[PDB]
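Let me begin by presenting the structure, written as C-alpha cells, before commenting on it.
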Amino acid sequence: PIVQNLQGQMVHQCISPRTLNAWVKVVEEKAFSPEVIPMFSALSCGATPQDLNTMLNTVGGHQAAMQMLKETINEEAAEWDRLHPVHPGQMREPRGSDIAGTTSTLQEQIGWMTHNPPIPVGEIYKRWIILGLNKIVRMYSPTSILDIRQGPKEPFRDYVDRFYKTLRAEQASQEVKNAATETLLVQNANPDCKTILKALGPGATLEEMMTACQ
Amino acid sequence: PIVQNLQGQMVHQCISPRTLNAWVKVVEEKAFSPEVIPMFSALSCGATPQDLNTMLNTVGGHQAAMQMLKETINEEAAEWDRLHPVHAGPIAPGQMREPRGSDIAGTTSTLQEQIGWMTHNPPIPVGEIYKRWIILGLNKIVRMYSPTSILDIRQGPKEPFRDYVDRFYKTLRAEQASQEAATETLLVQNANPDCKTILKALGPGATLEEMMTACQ
Amino acid sequence: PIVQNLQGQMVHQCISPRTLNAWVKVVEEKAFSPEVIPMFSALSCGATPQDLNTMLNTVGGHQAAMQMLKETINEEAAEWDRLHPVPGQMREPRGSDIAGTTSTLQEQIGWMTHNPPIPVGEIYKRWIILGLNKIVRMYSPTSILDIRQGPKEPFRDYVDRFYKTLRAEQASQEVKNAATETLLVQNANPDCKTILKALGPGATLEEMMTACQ
Amino acid sequence: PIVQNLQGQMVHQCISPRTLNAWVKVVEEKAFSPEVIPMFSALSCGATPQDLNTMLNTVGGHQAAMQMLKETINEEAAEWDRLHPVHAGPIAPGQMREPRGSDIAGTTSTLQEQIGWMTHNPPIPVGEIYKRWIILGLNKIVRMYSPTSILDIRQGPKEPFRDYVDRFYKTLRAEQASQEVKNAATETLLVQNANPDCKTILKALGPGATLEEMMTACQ
Amino acid sequence: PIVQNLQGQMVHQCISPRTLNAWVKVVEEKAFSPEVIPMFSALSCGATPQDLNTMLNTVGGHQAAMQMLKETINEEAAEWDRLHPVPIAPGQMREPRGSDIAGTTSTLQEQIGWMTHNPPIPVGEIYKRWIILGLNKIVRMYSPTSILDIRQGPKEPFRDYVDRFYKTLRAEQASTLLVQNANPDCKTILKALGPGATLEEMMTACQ
Amino acid sequence: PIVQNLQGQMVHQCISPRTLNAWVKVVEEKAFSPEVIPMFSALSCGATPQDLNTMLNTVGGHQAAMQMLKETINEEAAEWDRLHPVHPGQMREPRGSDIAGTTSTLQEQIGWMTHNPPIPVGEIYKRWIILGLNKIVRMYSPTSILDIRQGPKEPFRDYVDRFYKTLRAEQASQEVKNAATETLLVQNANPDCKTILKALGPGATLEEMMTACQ
Amino acid sequence: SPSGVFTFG
Amino acid sequence: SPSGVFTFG
Amino acid sequence: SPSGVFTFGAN
Ligand SMILES: O=C(O)c1ccccc1-c1c2ccc(=O)cc-2oc2cc(O)ccc12
Ligand SMILES: O=C(O)c1ccccc1-c1c2ccc(=O)cc-2oc2cc(O)ccc12
C-alpha cells in the first residue's frame with residue numbers, strides 16, 4: 001500500500017503477512033457471504049493495483065468466481081479505455097489494463113497515486129473488483145427472500161435474522177428492499193406474531209416489533 | 001483512524017487487521033452481552049465514520065440487530081439535521097463545508113472530508129458524534145437481547161450468596177445496558193430465608209462487601 | 001495510555017487490541033487469584049482513567065466483584081473530595097474526574113501531561129488496586145489454618161499451597177512471618193515434621209525443602 | 001529487505017519472524033499449488049537476494065523441486081550474463097562493481113553489495129531480477145506437479161455446474177501455472193465436457209456468452 | 001524497560017503485553033527447567049527493577065520458590081549494603097541502597113534517573129544478577145534426578161543416554177563420568193578410544 | 001541485535017519475544033533437520049554474541065547436540081586466539097572467548113560491532129555456531145544415501161525427494177554429490193523406472209528423469 | 001445490477 | 001486492611 | 001568437514 005511518512009510524503013509500504021493471511025483466511029472461512037466484501041475493502045486500504053492483484057491471486061479455491069471476477073474487471077477496463085483513450089522522464093497516462101495492474105509497473109502505480117493531482121488507480125481498480133464481487137455474492141446467495149417464513153416455533157428474532165441475511169445477500173434496490181420489509185416481513189411471521197404485529201399497525205419500528213413478539 | 005504520529009501530527013492510518021478481527025470475533029463469541037459495548041468503544045478509538053462503518057459492515061450475522069442499529073442511526077441523523085442544519089447554497093473553493101447527518105454517518109462524505117473535519121482547528125468530531133449514535137443503538141440491542149428480568153433472579157435454596165449476587169448484577173447490567181434503592185431492596189428481598197434474615201439484621205446502608213461477608 | 005513521542009512530548013495513544021484481550025483473558029482464566037493484580041497493574045502502565053474504565057468495563061462476569069470494586073472506588077473518590085476540594089485555565093480534578101466519570105479524555109490528558117503533572121491515572125489505579133486487594137482476600141478459597149501436608153503429599157506441594165494461601169490472605173508481614181514460624185512446621189506430616197524439628201527454627205526455606213525432598 | 005524508513009531513506013531491515021514463518025507454513029500446507037507463487041511474491045516484497053535465498057533455504061521438504069529450481073536459476077543467470085555482459089578487467093577495490101548473474105543470485109555478492117545496488121540512484125534491482133528467475137522456476141514446478149489434465153475434467157451427471165467450473169479452472173490454473181488461460185478453445189471445452197442437460201442449455205445460449213451467463217443458465 | 005528510541009535517546013517504555021505473556025507462559029509450561037533462566041534474562045532486556053518485580057509478581061504458582069527467591073534477594077541486598085554503604089540535597093540524585101536496587105524503596109522515576117545517569121548506575125542489571133542467582137538455586141532444587149542415577153540402559157542408544165546425562169548435569173550444576181556410566185559394550189569402545197576424545201568422536205563410535 | 005536508527009546510527013535493540021519463541025519452536029519441531037540452520041541464521045540477523053548465546057541457551061532438550069556445539073565453539077575460539085594473539089578509555093582487542101560472548105560485556109560487543117572499521121564479532125561467532133550445527137546435522141542424518149532406494153510402489157518424485165534430502169544432510173562436496181547423482185539415483189530406482197531411465201541414455205537431467213517416470 | 005452489501009455508509 | 005499481593009518490590 | 005546446507009546463495 002501507500003502510507004504517509006513523517007515527512008508528509010506518500011510512500012510505498014510492503015503488504016504485510018498479517019494482511020495477506022487475514023484475507024486468505026476470510027475467503028476460506030466465509031466464502032462469498034456478503035460480509036466478505038467490506039472485509040476485502042478494509043484489508044485493501046491504501047492498496048496499489050499490485051496489492052489488489054496479490055490479494056485476489058492468493059486465493060486458491062473458488063476459481064469459477066475468480067474467473068467471473070476477471071470478466072468483470074476486463075469489462076470495466078474496456079469502458080475505461082472507451083472514455084479515456086490514450087495517445088521522456090514524464091508520466092504517461094494509464095489505460096484500463098494499467099489500472100488493473102497487468103500492464104503497469106509498481107513504480108508507475110506509485111507515480112500515479114502520489115502525483116499532484118493524484119490519479120487514484122488503486123481506488124478505481126478496487127471499485128471494479130467490488131462490482132464483480134457483488135455479482136458473485138448475489139449469485140451465490142442460497143435463499144430467496146420469498147422462501148423466508150417464520151417457523152411455528154421459531155423465535156421471531158431468528159426469523160428476522162434470516163430475513164435480513166437473505167435480503168443482504170440478494171442485493172435488491174432500496175425501494176424493493178423497503179417493499180419487502182413493508183410486505184413480506186409481517187406477512188411471513190407465524191400466526192401469533194403476525195396478529196401482534198398487525199395490531200401494532202404500520203410505521204412500527206423493527207425494535208417495537210421485536211419487543212412485541214419476544 | 002486518526003492518530004498522532006511520532007512527531008505530534010494528526011494523520012490518517014488504515015484500520016488494522018488486528019482491530020478488524022478483534023471486533024468480528026467479539027461479536028461472534030459474545031453476541032450482545034453488555035461488555036461488548038465498552039469493547040466496541042475501545043476498538044474504535046480515533047475512528048473515522050468510514051472506520052465505524054467498516055466495523056459494522058464486517059459483521060456477518062445478527063442482521064436483525066444491524067437493521068435496528070441502522071434505524072437508530074437514521075433517527076439520530078435526522079435529529080442532527082433538525083438541530084444543526086447546514087445553510088444550503090454555494091460551495092466555497094478550498095473551504096471546509098459543514099457536515100449534515102449523512103456526512104457524519106459516512107454515507108455522503110468522503111474519507112478526505114472526514115479527515116478534514118476531524119483534524120481541523122477546532123476539530124469537528126464527526127467520528128465521536130457518529131460513535132455516540134452507534135452506541136445508542138447498540139445499547140438498545142443489548143437491552144433487547146437481555147434474556148431475563150431482574151424480578152426473576154432469586155437466591156436458590158442452597159445457592160451461595162456470591163453466585164446469586166453475580167446473577168443479580170449480571171442481569172441488572174444487561175437489562176439497563178449499564179452497570180450504574182429499589183435495587184438493593186430487591187437484592188435482600190429475593191435472598192433465601194437464612195441470608196435474608198442476616199441481611200435484614202445488618203440494616204440500611206450496609207455495603208455489598210458487608211452483605212457478602214455476612215452471608216458467606 | 002500516555003506515551004513519549006520523539007519530540008520528548010507526552011501524548012495519548014489508543015489502548016491496543018492486544019492489551020484489551022490480554023486483560024479479558026487473564027480475568028477469564030484466573031478470576032481473582034492474587035497474580036491478577038500485578039497483571040492488571042502491568043497492563044495499565046501509562047493508562048488514563050478512561051483506559052482503566054475500559055479495562056474494568058470489558059469484564060463480562062464476576063459482577064458481584066465488579067460492584068464491590070465500584071463501591072471501593074466511590075469511597076476513595078469521596079475521601080479525595082474531602083481532602084482536595086475544588087477561562088482558558090485548567091480546573092482541578094474532583095474524585096469523579098480521577099475515576100473518569102465526570103472528566104473528558106482531553107481533561108485527563110491535560111492533567112497527566114501538565115507541568116507539574118496531576119497523575120490522575122496513577123491515583124485511580126491505586127484506588128482500583130485497593131478494591132482488588134479486598135476482593136482477592138474475600139475470594140480466597142482456603143484459610144491458612146486449613147493448609148496441612150497430606151501423608152503422601154510432597155513437602156514442596158504443601159509449601160506451594162501454604163504460601164499461595166498466605167499471599168491471598170494479605171496479612172501484615174509480621175503475621176505472615178508468625179505463620180511461617182509456627183504453622184508451616186506444625187502442619188507438616190509426621191516424617192517431614194520430625195526432620196524439620198531436627199533442623200530447628202531459623203533454618204531457611206531452602207534448607208527445609210532440601211531436607212524433606 | 002530494503003524498506004523506506006519513517007524519514008524517507010532506503011535502508012536494510014532484517015527479514016522478520018512473521019515473514020519467515022508464513023513462507024515455511026504456506027509451503028508445508030499448500031506445496032506447489034499455484035496460489036503459492038503470488039504468496040511467495042508478496043512475502044518477498046523488497047527482498048534482497050540474500051532474503052530470497054533465506055526463504056528458499058528454509059524449505060525442508062520438496063528437495064527434488066529445489067534441485068530443479070536451482071537449475072532454472074543457473075540458466076537465467078547465464079542468460080543475464082549473455083544479454084548484460086560485464087566487461088572483464090581489473091576491478092578497482094572499494095567501488096561499486098557491475099553485477100553478474102551469480103551476483104544477482106547472491107552466490108558471489110555480499111549483503112552490502114546488494115544494498116549498494118538496490119539503493120543506488122538509479123537502483124539496480126538485483127532483488128527483483130532474482131525474484132523473476134525464482135518465480136520462473138517455481139512456475140515450472142507448479143506445472144510439473146499438476147495432478148490432472150484439463151481433458152479429464154468432466155461434469156458428473158448430478159454435479160452442480162458451479163462445482164464443475166471450480167474444478168475445471170482450478171485444473172487449468174495448475175496446468176498452465178496461470179489464470180490468464182481463457183480462450184475460445186477453453187470455453188469450447190468447458191461446454192464440451194459439461195453433462196448432457198447443462199450442455200444442452202449452454203449450447204442454446206450460443207457463443208459469446210459470459211461465464212456468469214453460463215452459470216446462471218445452469219443454476 | 002529503558003530503550004533507545006529511533007533518535008538515539010534513552011527513554012522508559014512500558015513492559016509489553018507480549019513480554020508479560022511470554023514470561024507467564026514459559027513458567028507455566030517449563031517450571032524451573034534450566035532453560036527458563038536464559039529466557040527470563042532475555043525477556044527482561046533493559047528492565048528496570050520495577051519491570052523485574054512485575055515479571056516476578058505475575059507468577060501465580062510456585063510460591064514456595066518465590067519465597068526462596070525473595071530470601072536470596074534480601075541476602076544479596078544485605079551484602080550490597082555491607083560493601084556499598086550509603087535528608088537529600090534539593091533536586092539532586094541520591095545513591096541507591098540495596099532495597100533501592102530491588103525496587104522496594106525506590107520509585108520508577110528514581111530508577112530511570114539512575115539508569116540514564118552519566119555514567120549510568122545500572123540498578124536493573126544488578127537486581128537482575130541477584131534474581132538470576134536465586135533462580136539458579138531454585139533450578140538446582142527442582143532437578144528430579146542426580147547425575148549418579150543416569151546410567152545407560154542395556155539397549156539404550158548412546159545419543160539418548162548422552163542427552164539425559166547432560167540434561168541432568170545442566171540442572172544439577174545450575175547454582176570421564178559419561179564413559180564410566182555407559183553400558184558395557186559402549187564403555188569398551190569408548191575406553192578403546194583412549195583419552196582426549198571429543199564428544200563427537202565418542203558418539204560416532206557408539207552409534 | 002544491532003539495528004539502524006533514523007539518525008543513521010547502528011544501535012542496540014533488545015531481542016524480541018517473537019524471535020526467541022520462533023527459535024525455540026523450530027528446534028522443538030524440526031530438531032536438526034538441515035533447514036534448521038538457515039532458519040537460525042535468519043532469526044539471528046544482526047545478533048550480538050550475547051543474543052546468539054541467548055538463542056542457544058534457551059533450548060531445553062538436545063543437550064548432546066548443544067554440548068557438541070559448545071566443543072566446536074571452543075575449538076574455533078582457540079583457533080582464533082592462535083591466529084590473532086592479543087598482546088584508558090581505549091578499545092581492547094577481542095579474544096576468542098570475547099567473540100563467543102563469555103568474557104565480553106554487551107557494551108564491548110556493541111563497541112566492536114559499531115566501530116569504524118567494525119569488528120563483526122556477531123558474524124564471526126555465528127560462523128562458528130554454524131560450523132557446529134553443520135556437524136550435528138550431518139551426524140543426526142537418519143539414513144545413509146546408500147540406503148535410499150525407490151519402493152516398488154513409491155512415486156519417483158517421492159524417491160528423489162528422499163534422495164536429495166539425505167544428500168543435503170550429509171553435506172558432501174559438490175563433486176561427491178554429483179557422483180551420487182550420476183550413479184546411485186538411477187541404480188537405486190525401482191525396476192520399471194530404472195528401465196525407463198536407462199532407455200533415456202546417459203547425461204539425463206533431473207527434470208527429464210522425473211518427467212520420464214511420471 | 002446488484003446494489004452492494006454496505007449496509008452502513 | 002489487606003497488605004496487597006506484590007511479593008516483590 | 002561438512003559443506004553446509006545452504007543450497008541457494010553464497011553459502
Ligand atoms: O453534545 C455535544 O457535546 C455537542 C455540542 C455541539 C455540537 C455537537 C455535539 C456533539 C458531540 C460533541 C463531542 C463529542 O465527542 C460527541 C458529540 O456527540 C453528539 C451527538 C449528537 O447526536 C449531537 C451532538 C453531539
Ligand atoms: O525488464 C528488463 O528486461 C530489464 C532491462 C534492463 C535491466 C534489467 C531488466 C530486468 C528487470 C528490470 C526491473 C525489474 O524489476 C526486474 C527485472 O527482471 C529482469 C529479469 C531478467 O531475467 C532480465 C532482465 C530483467
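Chain A is the first sequence line, chain B the second, and so forth, proteins listed ahead of strands; every chain is numbered from 1. Just follow the structure's listing: the first ligand is 1, and inside any ligand the first atom is 1. The figures here come from the full heavy-atom set of this structure, side chains too, leaving out hydrogens, waters and symmetry mates.
Bound to ligand 2 with the most contacts here is the chain that the PDB entry lists as HIV-1 CA protein. The options were resiquimod, tolrestat, fluorescein; the drug at ligand 2 is fluorescein.
Other chains in heavy-atom contact with fluorescein (ligand 2) below 4.0 Å, by letter: D. Residues with a heavy atom within 4.0 Å of fluorescein (ligand 2): D:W80, D:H84, D:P125, D:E128, D:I129, D:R132, D:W133.
If you check which protein heavy atom lies closest to atom 25 (C) of fluorescein (ligand 2), you get D:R132 NH1, 3.9 Å. For atom 4 (C) of fluorescein (ligand 2), the nearest non-hydrogen atom of the protein is D:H84 NE2, 4.9 Å. The protein non-hydrogen atom at the shortest distance from atom 11 (C) of fluorescein (ligand 2) is D:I129 CG1, 4.0 Å. The shortest contact between atom 22 (O) of fluorescein (ligand 2) and any protein heavy atom is with D:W133 NE1, 2.8 Å.
In this deposit, the organism assigned to chain D is Human immunodeficiency virus type 1 group M subtype B (isolate NY5). For atom 13 (C) of fluorescein (ligand 2), the closest non-hydrogen atom on the protein side is D:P125 CG, 3.8 Å. The single protein non-hydrogen atom nearest to atom 9 (C) of fluorescein (ligand 2) is D:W80 CZ3, 4.5 Å, given as residue, atom name and distance.
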